[PDB]
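The following structure: 3BNC117 with HIV-1 Envelope Glycoprotein BG505 SOSIP.664 gp120.
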Amino acid sequence: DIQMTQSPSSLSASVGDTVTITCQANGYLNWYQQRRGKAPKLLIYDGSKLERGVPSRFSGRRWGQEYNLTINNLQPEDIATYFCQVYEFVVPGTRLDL
Amino acid sequence: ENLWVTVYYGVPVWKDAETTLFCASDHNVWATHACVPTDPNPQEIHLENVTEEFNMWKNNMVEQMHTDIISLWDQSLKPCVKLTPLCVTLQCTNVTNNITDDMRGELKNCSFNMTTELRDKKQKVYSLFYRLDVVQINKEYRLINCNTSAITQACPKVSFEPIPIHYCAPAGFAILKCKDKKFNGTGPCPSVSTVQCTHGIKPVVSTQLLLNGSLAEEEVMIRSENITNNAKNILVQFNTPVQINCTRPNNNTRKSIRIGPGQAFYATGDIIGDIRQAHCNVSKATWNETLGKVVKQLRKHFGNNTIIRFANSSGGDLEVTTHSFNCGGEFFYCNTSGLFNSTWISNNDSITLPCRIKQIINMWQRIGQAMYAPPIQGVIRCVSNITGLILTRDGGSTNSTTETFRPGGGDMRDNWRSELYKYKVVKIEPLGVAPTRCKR
Amino acid sequence: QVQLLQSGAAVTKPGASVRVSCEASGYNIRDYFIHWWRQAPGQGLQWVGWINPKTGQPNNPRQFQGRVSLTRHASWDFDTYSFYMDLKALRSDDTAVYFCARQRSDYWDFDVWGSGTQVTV
Amino acid sequence: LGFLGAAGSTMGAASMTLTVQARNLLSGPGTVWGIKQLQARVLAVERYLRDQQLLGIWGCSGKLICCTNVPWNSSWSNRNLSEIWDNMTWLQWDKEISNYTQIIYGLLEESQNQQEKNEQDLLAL
Amino acid sequence: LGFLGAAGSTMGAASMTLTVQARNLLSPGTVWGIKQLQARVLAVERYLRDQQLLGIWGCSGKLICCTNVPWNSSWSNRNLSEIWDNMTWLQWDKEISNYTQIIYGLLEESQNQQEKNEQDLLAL
Amino acid sequence: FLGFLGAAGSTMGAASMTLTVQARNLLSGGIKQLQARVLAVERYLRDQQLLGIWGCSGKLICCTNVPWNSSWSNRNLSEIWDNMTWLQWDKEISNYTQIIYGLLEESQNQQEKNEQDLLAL
Ligand SMILES: *[C@@H]1O[C@H](CO)[C@@H](O[C@@H]2O[C@H](CO)[C@@H](O[C@@H]3O[C@H](CO[C@H]4O[C@H](CO)[C@@H](O)[C@H](O)[C@@H]4O)[C@@H](O)[C@H](O[C@H]4O[C@H](CO)[C@@H](O)[C@H](O)[C@@H]4O)[C@@H]3O)[C@H](O)[C@H]2NC(C)=O)[C@H](O)[C@H]1NC(C)=O
Ligand SMILES: *[C@@H]1O[C@H](CO)[C@@H](O[C@@H]2O[C@H](CO)[C@@H](O[C@@H]3O[C@H](CO)[C@@H](O)[C@H](O)[C@@H]3O)[C@H](O)[C@H]2NC(C)=O)[C@H](O)[C@H]1NC(C)=O
Ligand SMILES: *[C@@H]1O[C@H](CO)[C@@H](O[C@@H]2O[C@H](CO)[C@@H](O[C@@H]3O[C@H](CO)[C@@H](O)[C@H](O)[C@@H]3O)[C@H](O)[C@H]2NC(C)=O)[C@H](O)[C@H]1NC(C)=O
Ligand SMILES: *[C@@H]1O[C@H](CO)[C@@H](O[C@@H]2O[C@H](CO)[C@@H](O)[C@H](O)[C@H]2NC(C)=O)[C@H](O)[C@H]1NC(C)=O
Ligand SMILES: *[C@@H]1O[C@H](CO)[C@@H](O[C@@H]2O[C@H](CO)[C@@H](O)[C@H](O)[C@H]2NC(C)=O)[C@H](O)[C@H]1NC(C)=O
Ligand SMILES: *[C@@H]1O[C@H](CO)[C@@H](O[C@@H]2O[C@H](CO)[C@@H](O)[C@H](O)[C@H]2NC(C)=O)[C@H](O)[C@H]1NC(C)=O
Ligand SMILES: *[C@@H]1O[C@H](CO)[C@@H](O[C@@H]2O[C@H](CO)[C@@H](O)[C@H](O)[C@H]2NC(C)=O)[C@H](O)[C@H]1NC(C)=O
Ligand SMILES: *[C@@H]1O[C@H](CO)[C@@H](O)[C@H](O)[C@H]1NC(C)=O
Ligand SMILES: *[C@@H]1O[C@H](CO)[C@@H](O)[C@H](O)[C@H]1NC(C)=O
Ligand SMILES: *[C@@H]1O[C@H](CO)[C@@H](O)[C@H](O)[C@H]1NC(C)=O
Ligand SMILES: *[C@@H]1O[C@H](CO)[C@@H](O)[C@H](O)[C@H]1NC(C)=O
Ligand SMILES: *[C@@H]1O[C@H](CO)[C@@H](O)[C@H](O)[C@H]1NC(C)=O
Ligand SMILES: *[C@@H]1O[C@H](CO)[C@@H](O)[C@H](O)[C@H]1NC(C)=O
Ligand SMILES: *[C@@H]1O[C@H](CO)[C@@H](O)[C@H](O)[C@H]1NC(C)=O
Ligand SMILES: *[C@@H]1O[C@H](CO)[C@@H](O)[C@H](O)[C@H]1NC(C)=O
Ligand SMILES: *[C@@H]1O[C@H](CO)[C@@H](O)[C@H](O)[C@H]1NC(C)=O
Ligand SMILES: *[C@@H]1O[C@H](CO)[C@@H](O)[C@H](O)[C@H]1NC(C)=O
Ligand SMILES: *[C@@H]1O[C@H](CO)[C@@H](O)[C@H](O)[C@H]1NC(C)=O
Ligand SMILES: *[C@@H]1O[C@H](CO)[C@@H](O)[C@H](O)[C@H]1NC(C)=O
Ligand SMILES: *[C@@H]1O[C@H](CO)[C@@H](O)[C@H](O)[C@H]1NC(C)=O
């Protein structure tokens, strides 16, 4: 019985501000980034582990069901859609803005 | 205090380790001569007060067993003849079988020129090839492998019958068996016992149904790496067997065709009698309530009000859409869509499965080396006992009260996992240092 | 050097089948499952199904069962693998974009996604 | 109790059956099984000889139970004698000192070298 | 006398010549290669098994060695006066080929008891 | 910790402290590799058998009853133990090795028969 819940439906932040996108779920959660309906990319595999080549701005932490996606020092590239995945289920994600 | 270090050699402590276990066995593809004789009376030392953390899926006995089985297959196929001349243009007509509508082309009477003992001469010969063995190039055909790989004909004297092979660890290593019943596949096991060799593990190459395996002890047991994941095949082990009677009712006379000096090609010459269809019979009153036990044990994992549906294979290769196996030397591929069609809501009749026979076999999922099983004289009939299933869940939006289970593909590591689930290999580290009052 | 090309966008009337192609190369294609994802415009991703490259076995949800077929074809030497997704009975709801992704582990980390194939109905 | 029978037994009760584990340490390409099993046998012989050389380097050659002059550092284990030889087993104890094994081995080697030197000087005079 | 020369000599005469037998116990690209390798591994394993058997009984590194186990008369009813003068080792092996296992087990148990007693004595 | 063969160029007085370092590295570990490992094991067993035949079993520094013949070397103790390394001394007793080994074997033989005569009074 997988469940997913993402708290920010809409999201606006200034450049240089730390943002936290909460996705509560049970099981192996991975974080991805989609820009303007173009192909996704894997930011975080498992709770915290970072993929090769990803910027160090993004990081993840695990405590209980919740995961935070602590991104620090937002830049012009970081404005995009961000979503969480457990196995086959993907919730519609937030959208960073300025 | 005044304690001092004392060295003890030969203390009972072990750690996880990987080693090349040897084979003990009580002509075959799996060489009985090459393996050492087994012990007449195996020793099972029960380790009281020992809890051991087993793991089915990271067990290296499965990988070593698979490598050994593949190498045995290759070693058996090495000295036998090569059928490179057989990849030629074949004029194929229908074997005289009235008009059966569908399934008429399952046997094709194909004529071809073959080489002789003399290189300068050829001979027009004929042979009966299955539909799955050939592909059209109106009457021109060729063997299906002629673009992908080359075939080696399996030696006729060599038999494909499984023999029970016991995997014994070398000196300095121990094999811990988890005697605990209802032990799923992983984690703690408080009933442990060391053995010299594992039980007789028949290497049975099968898909969708494990044949001639261990029959569990108490109840039907379901084991998967993670139940939540769909990609992980579910291994089901029955507590009672389901008998299956498989038969190839065609006589299938065999003929010898000299392809070269000292090389022969065994080819079906004539079916003596009515042309019939191979099949497998499963008892209906047994297979239902066997599925009942399986559903009762799946509802523990997936919830009490779930509707457990069983459906046939979604697609894929022939080895996976159909229960593939080897019966007496011929390779059967049975539909089994009548077995897996059910819907279970929480609240002397036989199932006949039509089997297609094949001769060009690409075993162990390998591409680049194919085998040609020779024909077998006379009718062949075998009685095997289904002791389990491989399954795959549908996944997707499982939030609804439905759970579709389809038969699973043949990796053949799942076949060895169902037999080596209780066994683990450990290395004994005899050296130890403890504190005691004594001094030199 | 892992690379998952996808076919161009296609337009077809309802009830006529498509053939979405995904060409995988640059890596050992056999050990990693290739999954399919479907994104309606202005909506989150949805799962279409995975296909084992070694055995060819599809697995699809009950929503897409009976319509979607996942197949795979191998060239000579198996360096390039063409994964095809075919939808049989099309409908106005199916107006989405299709990605082919590569699961790499038990984590279901989809390291490499395809460019996309806009199927318009 | 047979081979590895005293595994769940306490340390003291398992010190009486060191022989049954000592014997089973040494009780055991043209073909698929040939070269790999021969390599396994050579590896087993090498492991046994490394263990025997380690025993000989500490002065405990030919002895299943052997005492040494190395004091027991309290940092290695603060537990007393009664709760070691009557409460715990050998598996748990090996898990406890798994870090400190190498330091203890080095101290045993150093102590035996010092003892051999002292014995040689004493015998000389 | 050379290797195995005292096989016909009396037991006491061979007690002083045990060393030459003891020394001569250690010493597919080609048909000879792998077979010679297997023979060498077998010889090494046999020698180490013999040495381990010697060491478990407390007779490590010694050709001749007393033991605490009593010579139970059930194994042989014979007088020491004529065994060491009018008998050869092959015949002696032929008489007591049938109780070697229990004698070896008794030697193992006796040396384990002796080592435990030495540990207890050195404790205080 | 000088390391493996570190004391090879120092005098014997500092070289005898590091016997364990070179003793440990005699058992560090296709057909050719297997033959090399078997030969290494056989060489180690030959050395240990030679030690055990002289009664020096499990003893790096072992004192024996064999007298030192002056014909083997005319030098004195201080010159041997404080002027030359082990390599020079090995070069200096190259041809006298087998005689010393035989004398050690005979002396240990005499010792064991004497011990058996004494213990069986
Ligand atoms: C699991 O079980 C399911 C059933 O539950 C099986 O699905 C069946 O698969 C068989 C495969 O042979 C199908 O039979 C073939 O179907 C084709 C389609 O037939 C109809 O298609 C549409 C239906 O919407 C209609 O418009 C159309 O008029 C047809 O009525 C046909 O192409 C086939 O017939 C033709 O080919 C054969 C051989 O070439 C000739 O003999 C025929 O004369 C004809 O030319 C054929 O009938 C069958 O329809 C499927 N059933 C269902 C209910 O979908 C799965 O195959 C099975 N899976 C496994 C792995 O076993
Ligand atoms: C199958 O995968 C699931 C997750 O998809 C695994 O679930 C794991 O369950 C254990 C408990 O059995 C979890 O440990 C728990 O962690 C937290 C610590 O904050 C806390 O809730 C509990 O105290 C407990 O320690 C573990 O984290 C969890 N894993 C994940 C990723 O959520 C399950 O073990 C897998 N089963 C297999 C491989 O058989
Ligand atoms: C599972 O195990 C059963 C029982 O061992 C296997 O059935 C046996 O298969 C062999 C090989 O074909 C049969 O031997 C043959 O029998 C007839 C004479 O009866 C003859 O045609 C051949 O010369 C040959 O000897 C054997 O009779 C048969 N056993 C029984 C009880 O029928 C079965 O093949 C195994 N299933 C697998 C591996 O899938
Ligand atoms: C397969 O076809 C061959 C011909 O290619 C058949 O062989 C002929 O059979 C008839 C039967 O009346 C004989 O008179 C001919 O002499 C045969 N010709 C040959 C061998 O060249 C053969 O019977 C067919 N087999 C079947 C239908 O099972
Ligand atoms: C060898 O030849 C066979 C028969 O032509 C090929 O199988 C067909 O390949 C085409 C082209 O991709 C497909 O459209 C057909 O559906 C295939 N038929 C089957 C699988 O029955 C086969 O691909 C060739 N081998 C290769 C390319 O390795
Ligand atoms: C069929 O399954 C059953 C249950 O495991 C097996 O039948 C047993 O056969 C042995 C001899 O091999 C008998 O001693 C047992 O009594 C039988 N069991 C019962 C419950 O009667 C049989 O071996 C399986 N078939 C195979 C392996 O081909
Ligand atoms: C396997 O068997 C099934 C049924 O046994 C075949 O699928 C169709 O089944 C429906 C009923 O569900 C029948 O009305 C159709 O006639 C069956 N199709 C055919 C072609 O007979 C299925 O085709 C079989 N699979 C094979 C032969 O690969
Ligand atoms: C018989 O063989 C022909 C080729 O000669 C093939 O096309 C056909 O399908 C087969 N069946 C019938 C019924 O003619
Ligand atoms: C066999 O050889 C003959 C020789 O004349 C040729 O005409 C015929 O077409 C060949 N048949 C096949 C099946 O290759
Ligand atoms: C079955 O799996 C669960 C998974 O949480 C594990 O805790 C349990 O110990 C397993 N059962 C046995 C008998 O090992
Ligand atoms: C299988 O055949 C046996 C005889 O060999 C028979 O007793 C049994 O009932 C059959 N089982 C079926 C048809 O399911
Ligand atoms: C299978 O057995 C179950 C349990 O006895 C029963 O409810 C069900 O109706 C049976 N299914 C059949 C006869 O198809
Ligand atoms: C289940 O599928 C089989 C496939 O052969 C079919 O014969 C059978 O009628 C189906 N069962 C039901 C209840 O429709
Ligand atoms: C198969 O044919 C042979 C002759 O080739 C015959 O003796 C045998 O009885 C036949 N077997 C049957 C019809 O089962
Ligand atoms: C297991 O431990 C209990 C105490 O927990 C003890 O009484 C029993 O003898 C032990 N069993 C063994 C060592 O076989
Ligand atoms: C190593 O020692 C630390 C404390 O110093 C302890 O927590 C740890 O468990 C030890 N390691 C193992 C593998 O037991
Ligand atoms: C047996 O041979 C030895 C020498 O090998 C000799 O001393 C002895 O006298 C021989 N026995 C008899 C009865 O002459
Ligand atoms: C033991 O072996 C001897 C010699 O082979 C044989 O004659 C005898 O019957 C066996 N049993 C006993 C009790 O000595
Ligand atoms: C090398 O020679 C010097 C000369 O003074 C000496 O002190 C030193 O110990 C020798 N050995 C090493 C290993 O440095
Ligand atoms: C041993 O004698 C040989 C001559 O046979 C001589 O060349 C060699 O140097 C001598 N070795 C010594 C004295 O170490």
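Proteins get letters first, then strands, A, B, ... in listed order; numbering begins at 1 in each. Worth knowing before you read on, the calculation uses all heavy atoms, side chains too, and leaves out hydrogens, waters and symmetry mates. Portion of entry displayed, and contacts counted within that portion, nowhere else. The way this entry was determined, per its header, is electron microscopy, 3.2 Å.
- In the structure shown, the parts corresponding to 3BNC117 are chains A and C.
- Other chains in heavy-atom contact with 3BNC117 below 4.5 Å, by letter: B.
- Measured as heavy-atom pairs under 4.5 Å, the chain of 3BNC117 most in contact with chain B is chain C.
- In the PDB entry, the organism given for chain B is Human immunodeficiency virus 1.
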